[PDB]
Each structure stands twice: as C-alpha cells, then as structure tokens.
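Structure of propylthiouracil in complex with Lactoperoxidase.
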Amino acid sequence: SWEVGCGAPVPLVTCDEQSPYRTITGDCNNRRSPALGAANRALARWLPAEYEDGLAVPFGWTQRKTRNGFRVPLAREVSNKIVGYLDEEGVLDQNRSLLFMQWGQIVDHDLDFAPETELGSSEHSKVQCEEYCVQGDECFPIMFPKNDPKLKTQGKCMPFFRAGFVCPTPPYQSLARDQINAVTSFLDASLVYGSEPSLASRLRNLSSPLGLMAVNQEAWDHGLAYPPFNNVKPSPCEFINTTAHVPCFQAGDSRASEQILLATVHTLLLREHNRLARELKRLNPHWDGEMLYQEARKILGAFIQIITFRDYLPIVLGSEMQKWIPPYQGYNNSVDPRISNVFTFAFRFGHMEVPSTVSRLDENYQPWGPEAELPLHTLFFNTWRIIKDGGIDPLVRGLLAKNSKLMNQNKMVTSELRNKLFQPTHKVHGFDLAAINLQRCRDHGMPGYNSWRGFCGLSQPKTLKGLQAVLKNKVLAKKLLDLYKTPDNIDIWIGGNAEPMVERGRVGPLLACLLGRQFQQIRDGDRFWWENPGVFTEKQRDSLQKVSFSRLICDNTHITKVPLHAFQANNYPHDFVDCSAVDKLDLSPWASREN
Ligand code: HEM
Ligand SMILES: *[C@@H]1O[C@H](CO)[C@@H](O[C@@H]2O[C@H](CO)[C@@H](O)[C@H](O)[C@H]2NC(C)=O)[C@H](O)[C@H]1NC(C)=O
Ligand SMILES: *[C@@H]1O[C@H](CO)[C@@H](O)[C@H](O)[C@H]1NC(C)=O
Ligand SMILES: *[C@@H]1O[C@H](CO)[C@@H](O)[C@H](O)[C@H]1NC(C)=O
Ligand SMILES: CCCc1cc(=O)[nH]c(=S)[nH]1
Ligand SMILES: [Ca+2]
C-alpha cells in the first residue's frame, strides 16, 4: 500500500443522491468512496502486479531476463502447441445454446474493458510495430516461433499494443502500473447507454421528449430498428466489405460490433429500451423525456442483472455457485464492486465456447438462404450481413437453436479465432486470440498460475506428477511443463482454462473461485441492485421476476417460436413453443396516478 492514488481520472463530479438513478460514469454509487466501480479508473489488484522490473515491464519483454529462472514461452507457441485444433467434429455442447456463449461476452462488456493503446494516428510508429515488429514503449509484438506457418505469410510477428494505464500513457516508476477499466464495473447496461455522459447523450434521442435511444435512419429490419452508425473512419466494418460500404454500430460499448451475433443482441437490447420508453409514456403520459429515459434505463438494467444471476451464472458456476453467490442479503457498502484486473482475463473462458460457424435459420428453422451457414471468421465486424442480408431474425434463431462449442483440453480455441481473427486497422483475417490473451496477461503484470491457485485456497502443484493430478490430463500437463517450465510461470488464462470443468458448470475450480467473488462483489456492492429495497417496489420486483430472453426476443423481433430456457440447448420444434406461452413483463406496477 503506497499513496492514495494516481492521476488521470476526472478530479471532481457530483452525486444528487436523492436521484434514484445511476450516474453514467458509475460515480456516486457509493457514498463512502464515490469513484468505486466508476468508469475510466484503474482495475482492482487482488494480488500484486508482477513485472521484470516490478513496475511497468511485462515478462518476456527482455530476451534475457527470465522469470523464476526460466524464459517465458512465446504466446504464439503455447497457442499452437496446446491450444490449437483442426477437427471441429464433436465440439458442440449438448446442453448449451449459442445464446449461452453470446451472453457472456454481453455481460463481459457491460462489466469491463481494458482500452487497448495505439496512441497517435499519424503513425509510422504503428508501421514499426507490425511491419518490422519493433519492441518498445507500448508496442509489444508477439513474434512467431520457427516452423510457424503464418511466418511465411505475415512477416515475423503479430503486432500487439499494451493496455491503457493510470497516470501517464507512458510507463512510470515508484508504483506498479495499473490498467484502466473504461466501462462501469456495475451490471448497469453501460454497454448500451455508455460510460461517458458525452456518449450517453449523443446516444439518446433528444429531438423528442420520448426518452428514446437513437436509432438508424438509412435502414430498418422490416419494421424494427437498428442502432445508429458509428460515424468515424476508418471503419473496420467498411473494410471487410468496401463494396457493401456498411459501417459499425453506435452503442454504449465501443466493441458492440466485433462479431455479428454481438451486434445482434446489442440490437435486441436497444429495441428493448425504446419498447419500454413507449409503454412508460402510455401508462405515465405525464413524465418528461428524461424520466422515460432513466426509468427504461433502470428497467433494462435489472433485466440484464436477472438473466445474468438467475439463468446464466448458475450453470457457468454450477456446484460452486451458492458457495460464492449465496442468495441476496443486502447492499454491503464495505464491499469493493470494482472489477479485478485478473477477472478480465478470467471471464474470457468465454472464448473457448465460441464455435467455428454461425447460421441464419428461416422461420421454420431450416437454413435461411443458400449460404445459410457461414464461417465465423467472416463475421468479425460484419454489419453488412445483417443489414443487406436477412435482418436480425434469422441470426436470432441460430442463437436459440445452435449449440455453443464445449470446452475441451485437446480442442480449446477454434481457428476462426486461433489463426483467423481480425483486428481493426489491420487488414488481415490472421490473428490469434489465444496468443493475444497470453501476451495480455503479461502486459498487465498478472501473477502466475499458482499465485492464483493459492489465493483461491487451492492446491498449488509444484511437479509434473503434481500437475497431471489436478487437470486430470496427463499429456496436457507434460505439454504445459515443456512449454512453461514450472506451473508457477504458466500464464493464468490458459492455466485457469486448462483445468477440467466443475460439477454442472463450464469452468475449472480456479475460475470458479475467481468469478465467484467478482460477481458476488458486483451485486453486494451495487447500491442500485434491483433486489435491494428502495431501488424497486415489491410490486415492481414481482414484475421483474418474470422476464426471459425468450420474451426479450418475442418483444423485439418477429420470431414466434422460442424455448422457455433460452440457454439449456433447445431443439426445434420439440423444445420450441409460441410467444404467448411465455411470461411477459407487466408494466402496470410502474404507472403513476397523478392525483
Ligand atoms: C471475436 C470474439 C468473441 C466471440 C466470437 C468473444 C467472445 C467472448 C465471450 C463469450 C466472453 C465472455 C463470456 C468474452 C470475454 C472477453 N473477451 Fe472476448 N471475444 C472475442 C474477441 C475478443 C477480443 C479481440 C478481445 C481483446 C483481447 C485483448 O487483450 O486484446 C477479447 C477480450 C475479451 C475479454 C477481456 C475484456 C477486457 O477486459 O477488456 C473478455 C472478458 N475478446 N469474449
Ligand atoms: C460485399 O458486400 C456486397 C454488398 O451486399 C455483396 O454483394 C452481394 O452479395 C451476395 C452475392 O451472393 C448477394 O447479396 C448479391 O448477389 C450481391 N450484390 C451485389 C451488390 O453485388 C458481396 O457479397 C460482398 N462481398 C464481399 C467482398 O464480401
Ligand atoms: C427521435 O424520436 C423522434 C420522435 O418519434 C423520431 O421522429 C426520430 O426518428 C428519432 N430520432 C432518432 C435518431 O432516433
Ligand atoms: C439442460 O439443462 C437443464 C438444467 O436446468 C436441464 O433441466 C435440462 O433438462 C437439460 N436438458 C438437456 C437437453 O440436457
Ligand atoms: C481487452 C478488450 C476486450 C474486448 C474487445 C472486443 O472487441 N471484444 C471483447 S469480447 N472484448
Ligand atoms: Ca457497467
């Protein structure tokens, strides 16, 4: 513990407190310590950072300094040697829908973002990074090992910039460098309304006191809306299809359009907002557009929070759920609702659930179109497919009917992601997320696998016979030790995901513990949590207890047949049923009798 903080977070804000609304920035959630949970501030450090210089230097950066007596293996090599796999045969989760994979990234984006640093624009310094792959300052290239096929096709490194950090943008001394978390730690739909007032505003429709969110002009989904277009260029969305010339979406989170399905749900969530703002004016026609806005925004929030804690997490967590998330017992102010720096690495167990393809299913859930099933790698920043081909409905059916990819040690991340990822400003569909995840753990200064085993009060294996036992996988261990000399150097992401999944869940014991407390801290520490008295009425809570993704789709698309359990893999037409048989959100409890 040194000092009271570091510079670069907005010095002064206000808290109306009497306001029964969340700020946009997340300030004023907590009267004791305002900035807690707030956007554009440092991620929380549950354990001390770890760097070659103990300050701002990532491990491996040096080429001589070894970690714990050994050099760290290149990210790209553990990815290839342990993470890669060819055969997509048999990798689907028999009981997890694609929706299952698709809510984690939605939730992930509500909760955190490490702003990646590229700094200036007029930059050849960017050219130095990718073309020549020059190490230095914030560029920190992932070199390819020998015998790396990409080698013959994309020079000798995948560019990779470090993550933003508190105080300077340049590194400093006398304190461990902390990465920034640009969104709000709370589960407050800040991936839809923004985390900066500036954005929140331009995101709204202010030309009508209807409390609506802004929607697109140039196009519609045969009646329904589409988020406005992110006006700035270049546009990775245009790049993928210059002919199409269709840009990315304007939404709270800046990552909204990374892959088609994500913008799919982002669209459903935006519709849901207006949908309410409309009905809130039907029942309460005496409110100002501001109120419509904040009430809808309030409502959309508990929804996210319900789906997430009620239906999502109990199956991600399984048997270690009620351990870390025993039923609600009140808003504990002494709780740090800040998102941990190592949580942002722990939640991307969500990558190993992403399957290689994405299909558009017709209104009878047979393949819509002749190119009905598409390769996932053609869907990064792909908005033209939605707009100029099908709309949201087709893709929403595949979300309900298609499976997610089950995690499996010999088959961890699909090539659409391992070899063919795409990245803005980069013109090639040749990126490795797995490697980026790894180069990332270092970039932040993550403690190694065993510091996290121990911290979670779990056996921290020292040996090879010691490791095998814990993953229950003989050769994954061998491979790991060969690549990572000792369990202590294994970068956490793969370390955490390398464990088998716990009873009924989809994550190993370590991630179970890392996630457990982080979600227990977003709730307990949320002054605006939908279940805490004050924030909602018993008549209102009652209503909120009825929501369902199924309903979400029914209210904001033209689908008709849906499954009662949107996540438990559902098959058609057996598991599917009509919208009428699906409970709705009664909006009666919000109405105000003016007299
Ligand atoms: C493409 C990508 C996805 C799907 C096709 C995808 C999916 C997920 C899910 C389902 C997650 C959680 C359940 C999840 C979490 C996080 N991701 Fe990931 N993701 C795709 C692509 C990316 C890319 C690119 C990044 C950037 C990584 C970097 O260091 O540059 C990425 C990150 C994350 C992440 C870290 C978030 C943060 O704190 O900034 C998750 C928690 N994903 N994804
Ligand atoms: C780029 O986007 C354009 C714009 O839609 C696409 O052109 C269409 O693609 C399919 C062809 O199978 C059908 O929509 C039409 O036959 C095409 N129309 C036009 C205007 O050509 C094109 O498919 C995309 N191609 C790339 C580079 O992805
Ligand atoms: C704002 O709302 C008005 C009133 O319905 C509507 O005419 C207009 O299209 C909306 N603008 C945006 C950008 O949503
Ligand atoms: C899927 O998981 C749920 C858990 O709620 C279970 O009840 C459902 O029956 C399961 N069905 C299948 C197809 O495994
Ligand atoms: C580290 C940045 C986080 C991130 C970016 C992105 O584009 N998609 C996802 S899921 N996460
Ligand atoms: Ca948030």
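Along the sequence shown, residues are numbered consecutively beginning with 1. Note that ligands are numbered from 1 as they come in the structure, with each ligand's atoms numbered from 1 the same way. These values consider heavy atoms only, across backbone and side chains, with no hydrogens, waters or symmetry-generated copies.
Within the model, the positions assigned to propylthiouracil, copies included, correspond to ligand 5. In this structure, the UniProt active-site residue of chain A with the shortest heavy-atom distance to propylthiouracil (to 1 Å) is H109, 3 Å.
This PDB entry assigns chain A to the organism Capra hircus. Propylthiouracil places these atoms under 4.0 Å from at least one heavy atom of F113: 2 (C), 3 (C). In terms of protein heavy atoms, atom 7 (O) of propylthiouracil is closest to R255 CG, 3.6 Å. Every atom of propylthiouracil is numbered from 1 in the order shown, and the set under 4.0 Å from a heavy atom of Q105 is 8 (N), 9 (C), 10 (S). The shortest contact between atom 1 (C) of propylthiouracil and any protein heavy atom is with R348 NH2, 3.9 Å.
Counting only non-hydrogen atoms, the residues of chain A annotated by UniProt as heme b-binding that lie closer than 4.0 Å to propylthiouracil amount to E258.
Considering backbone and side-chain atoms alike, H109 places an N or O below 3.5 Å from some N or O of propylthiouracil.
Within 4.0 Å of propylthiouracil, judged by non-hydrogen atoms, the site holds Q105, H109, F113, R255, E258, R348.
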